[PDB]
**Q** 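This structure holds tacrolimus. Let me ask you some things about it.
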Amino acid sequence: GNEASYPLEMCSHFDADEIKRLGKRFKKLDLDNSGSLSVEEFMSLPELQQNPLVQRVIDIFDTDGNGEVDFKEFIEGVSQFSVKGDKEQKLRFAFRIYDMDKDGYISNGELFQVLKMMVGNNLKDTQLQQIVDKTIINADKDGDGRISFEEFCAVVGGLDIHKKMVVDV
Amino acid sequence: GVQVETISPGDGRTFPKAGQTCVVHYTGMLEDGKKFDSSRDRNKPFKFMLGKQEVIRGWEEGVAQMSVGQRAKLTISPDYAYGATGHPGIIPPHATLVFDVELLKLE
Amino acid sequence: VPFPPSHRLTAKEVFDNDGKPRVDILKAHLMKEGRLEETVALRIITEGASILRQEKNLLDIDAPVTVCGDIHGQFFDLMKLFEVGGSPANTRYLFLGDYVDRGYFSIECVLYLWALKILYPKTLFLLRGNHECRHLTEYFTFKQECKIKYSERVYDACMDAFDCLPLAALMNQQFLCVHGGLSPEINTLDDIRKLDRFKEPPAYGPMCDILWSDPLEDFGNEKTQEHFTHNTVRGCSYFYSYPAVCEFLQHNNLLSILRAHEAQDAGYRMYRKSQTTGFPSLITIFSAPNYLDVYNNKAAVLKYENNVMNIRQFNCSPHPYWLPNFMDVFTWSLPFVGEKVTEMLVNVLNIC
Ligand SMILES: C=CC[C@@H]1/C=C(\C)C[C@H](C)C[C@H](OC)[C@H]2O[C@@](O)(C(=O)C(=O)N3CCCC[C@H]3C(=O)O[C@H](/C(C)=C/[C@@H]3CC[C@@H](O)[C@H](OC)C3)[C@H](C)[C@@H](O)CC1=O)[C@H](C)C[C@@H]2OC
Ligand SMILES: *C(=O)CCCCCCCCCCCCC
Ligand SMILES: [Ca+2]
Ligand SMILES: [Ca+2]
Ligand SMILES: [Ca+2]
Ligand SMILES: [Ca+2]
Ligand SMILES: [Fe+3]
Ligand SMILES: [Zn+2]
């Protein structure tokens, strides 16, 4: 926020200076100076407009589920993407992009909503729905008609996508 | 690079500007000409908009060089496309891609 | 939007007591994107293969016949084809090959056509096309398809079945029906008969040519009169001339060469006619409308009866969507999800 209050405890890959640096970033970001951080404030700057995943990232970061990203969450969040970050915490993050209600399972509707978010009008909805159905029919190995982290990682686990989910701090 | 060879004319004057939404129909192929995707497959024209980095480089540099109604063959190089990483499931690493792009409209 | 049925058809559902497949039950299931039990699928493939294995390299087919061109995994257009050409229940059919690849419904095409062959072994004939092989199916999306929908066991079954597909057909003692065309090493019908069909088509030779040939891009107004020339398009086989076709025809006392292998915007093409008979020396029939969902072509079927060659045209029919190469939505969206997610942070951190 700028000033005092009692101790923030968190867990991360960051060293004393990386947290300071990130602390200054969170500072500029604070706008209303409330210490927390909301979507309106994230929406604040230039390249957070047609990034269809911005509200998704905010919600995954928002671990306490109160709509705003506080400093602890800001650190914990960016830490998933730090180098020194393990491939597993990165794929878990990925899983969370589709797993909207955070209950551990990507359902048909969520998969459709998250995809529609990025595809927009480049695919007809029947087309998108058809392929969502067929992906779940095939990856659903355990039977409940909804994709778990285990099944997600069975389809995705060998892709090197995570090697690029790395930011410098 | 991205080598453009025209297939159909179009008005040789109306080229797209940055910020302008290019409405196109494309059919992507590997260097051997073997098709890998097309907007015609979905009967949905791919709409992207110049400048805003919404497509691979070859497309930005290539589709800029096109006039409305023009149908041309963009022959994009890996570095201007997917490089050595390729694209999971469709594009093999270190691949040259030929795109038959048809500039339909601007909006 | 409709969902594909989870219930896989079992043996007793597909085959009746006489061991006759119920193509109607099969058609309906397949159209909803339904799958069979791998064992049933395998039985269809394997039982059709046994029938084909017994047929001759060069089939002897009597008119009336509906001759059909490339199908290319466009199962839903295969359904329209039958509406236009007639029920297999009372109409003699002859398919010129290329049942797989290109279209993402190749297995439903082989299954329905093989079952139909088991059901009408003497009125429905299937010929071999250049795509009914290993090198092309591994290259294109057929192998991947069999693995996504069934397994490589089914795939292998199809491969061995494809090796049983006849190479040509002598229709009504008049036409030489093949998928590609002529060959330098085939100057008579016996040359076809003396070929060993049961194998993967060779890198070159008579069997390769039959499956791969094309007429010259200038099948009439030529200056040279060269019979065969290498096919620079195909990267193999040849290009045959009007004098070449007219030489084969006169020599073997045939009317014309009916074939497919080449997309046509009208679903067919009549070539330069014989100066003796007012009939086209060559005919290309193409039965895949809106080819590759790209070409906006019509498809067609040849209907030969009572000395009349009538061409029936048909348009595309709707079909479900499959991402390129049967890729799943996760593998499809991930690279983009990574890119943007990383971009949000890069932008967010760059505020200092
Ligand atoms: C949620 C779904 C994902 C989301 C999908 C859609 C909006 C649907 C849309 C019609 C795409 C097609 O879906 C059927 C399909 O199109 C291809 O076949 C293709 O013809 C192609 O090359 N195109 C498409 C037309 C513009 C040019 C180019 C491109 O620039 O594409 C972009 C691209 C892939 C850039 C990568 C991204 C990762 C970077 O690392 C890499 O940087 C090197 C560059 C597309 C537009 C991305 O912005 C958006 C997505 O990916 C790709 C072979 C793979 C792609 O599917 C993924
Ligand atoms: C507002 O609510 C506080 C935001 C400012 C956070 C910056 C704190 C600096 C942390 C550096 C110490 C390193 C810890 C190991
Ligand atoms: Ca705030
Ligand atoms: Ca919070
Ligand atoms: Ca969920
Ligand atoms: Ca499951
Ligand atoms: Fe073909
Ligand atoms: Zn062919």
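The chains are labelled alphabetically, A first, in the order the sequence lines are listed. Throughout, chain A uses the PDB entry numbering, with the displayed residues spanning 1-169 in order. Note that chain B carries the PDB entry numbering, so the residues on display, from first to last, are 1-107. In chain C, numbers come from the PDB entry; the residues present are 21-372, in order. These values consider heavy atoms only, across backbone and side chains, with no hydrogens, waters or symmetry-generated copies. Remember, it's 1-based here, ligands and their atoms both numbered in the order they're listed.
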**Q** Mind telling me which parts of the structure correspond to tacrolimus?
**A**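 Look at ligand 1.
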**Q** Which macromolecule in this structure makes the most heavy-atom contacts with tacrolimus, going by the name UniProt uses?
**A**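 It sits in most contact with Peptidyl-prolyl cis-trans isomerase FKBP1A.
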**Q** So, with a 4.0 Å heavy-atom cut-off, what else is touching tacrolimus? Just the chain letters, please.
**A**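 By heavy atom, the other chains are A, B, C.
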**Q** Polar contacts were defined as any N/O atom of the residue lying under 3.5 Å from an N/O atom of the ligand; does this apply to B:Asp37 and tacrolimus?
**A**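 Between B:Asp37 and tacrolimus (N or O atoms, distance only) the closest approach is under 3.5 Å.
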**Q** Consider every N or O of C:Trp352 and every N or O of tacrolimus, then say whether any pair is closer than 3.5 Å.
**A**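 For tacrolimus, there is an N or O atom that lies under 3.5 Å from one belonging to C:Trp352.
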**Q** Return the closest protein heavy atom for atom 20 (O) of tacrolimus as residue, atom name and distance.
**A**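 Going atom by atom, the protein heavy atom closest to atom 20 (O) of tacrolimus ends up being B:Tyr26 CE1, 3.1 Å.
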**Q** Within a distance under 4.0 Å of any heavy atom of C:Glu359, pick out the atoms of tacrolimus and give their elements.
**A**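 What qualifies from tacrolimus is 39 (C).
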**Q** Among all the protein's non-hydrogen atoms, which is closest to atom 25 (C) of tacrolimus, and how far away is it?
**A**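 Here the closest protein heavy atom is B:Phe46 CE2, 3.7 Å.
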**Q** In the PDB record, where does chain B come from, organism-wise?
**A**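 The PDB gives the source of chain B as Bos taurus.
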**Q** Look up chain A in the PDB entry and give its name.
**A**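 Per the entry: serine/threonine phosphatase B2.
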**Q** Is there a polar contact, in the sense of an N or O pair closer than 3.5 Å, between B:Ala81 and tacrolimus?
**A**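 Between B:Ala81 and tacrolimus, no N or O pair is found under 3.5 Å apart.
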**Q** Select the closest option to atom 32 (C) of tacrolimus among C:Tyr341, B:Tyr82, B:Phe48, C:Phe356, judged by heavy-atom distance.
**A**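 Residue with the shortest heavy-atom distance to the ligand atom: B:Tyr82.
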**Q** Relative to the heavy atoms of A:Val119, which atoms of tacrolimus are at a distance of less than 4.0 Å?
**A**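 Listed by number with element: 1 (C), 2 (C), 7 (C).
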**Q** Run down the list B:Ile91, B:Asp41, B:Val101, B:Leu74 and name the one with the heavy atom closest to atom 53 (C) of tacrolimus.
**A**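 It is B:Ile91 that holds the nearest heavy atom.
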**Q** Can a non-hydrogen atom of B:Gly28 be found less than 4.0 Å from any atom of tacrolimus?
**A**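 In this structure, B:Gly28 fails to qualify as a contact of tacrolimus - no heavy atom is under 4.0 Å.
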**Q** Can you list the tacrolimus atoms lying under 4.0 Å from a non-hydrogen atom of B:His87?
**A**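 Atoms satisfying the 4.0 Å criterion: 34 (C), 36 (C), 37 (C), 38 (C), 54 (C), 57 (C).
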**Q** Atom 45 (C) of tacrolimus: which protein heavy atom is closest, and how many Å away?
**A**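 It is B:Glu54 O, 4.6 Å.
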**Q** If you map the residues of chain B that touch tacrolimus onto UniProt domains, which domain gets most of them?
**A**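 Most of them lie in the UniProt domain PPIase FKBP-type.
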**Q** Return the residue, atom name and 0.1 Å-rounded distance of the protein heavy atom closest to atom 1 (C) of tacrolimus.
**A**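 Among all protein heavy atoms, the one nearest atom 1 (C) of tacrolimus is C:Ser353 CB, 3.6 Å.
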**Q** Using a 4.0 Å cut-off to any heavy atom of B:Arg42, which atoms of tacrolimus qualify?
**A**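 Close to B:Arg42: 10 (C), 14 (C).
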**Q** Can you list, by chain and number, the residues with heavy atoms within 4.0 Å of tacrolimus?
**A**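 Within 4.0 Å on heavy atoms: A:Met118, A:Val119, B:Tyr26, B:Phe36, B:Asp37, B:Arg42, B:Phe46, B:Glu54, B:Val55, B:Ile56, B:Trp59, B:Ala81, B:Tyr82, B:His87, B:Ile91, B:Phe99, C:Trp352, C:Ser353, C:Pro355, C:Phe356, C:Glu359.
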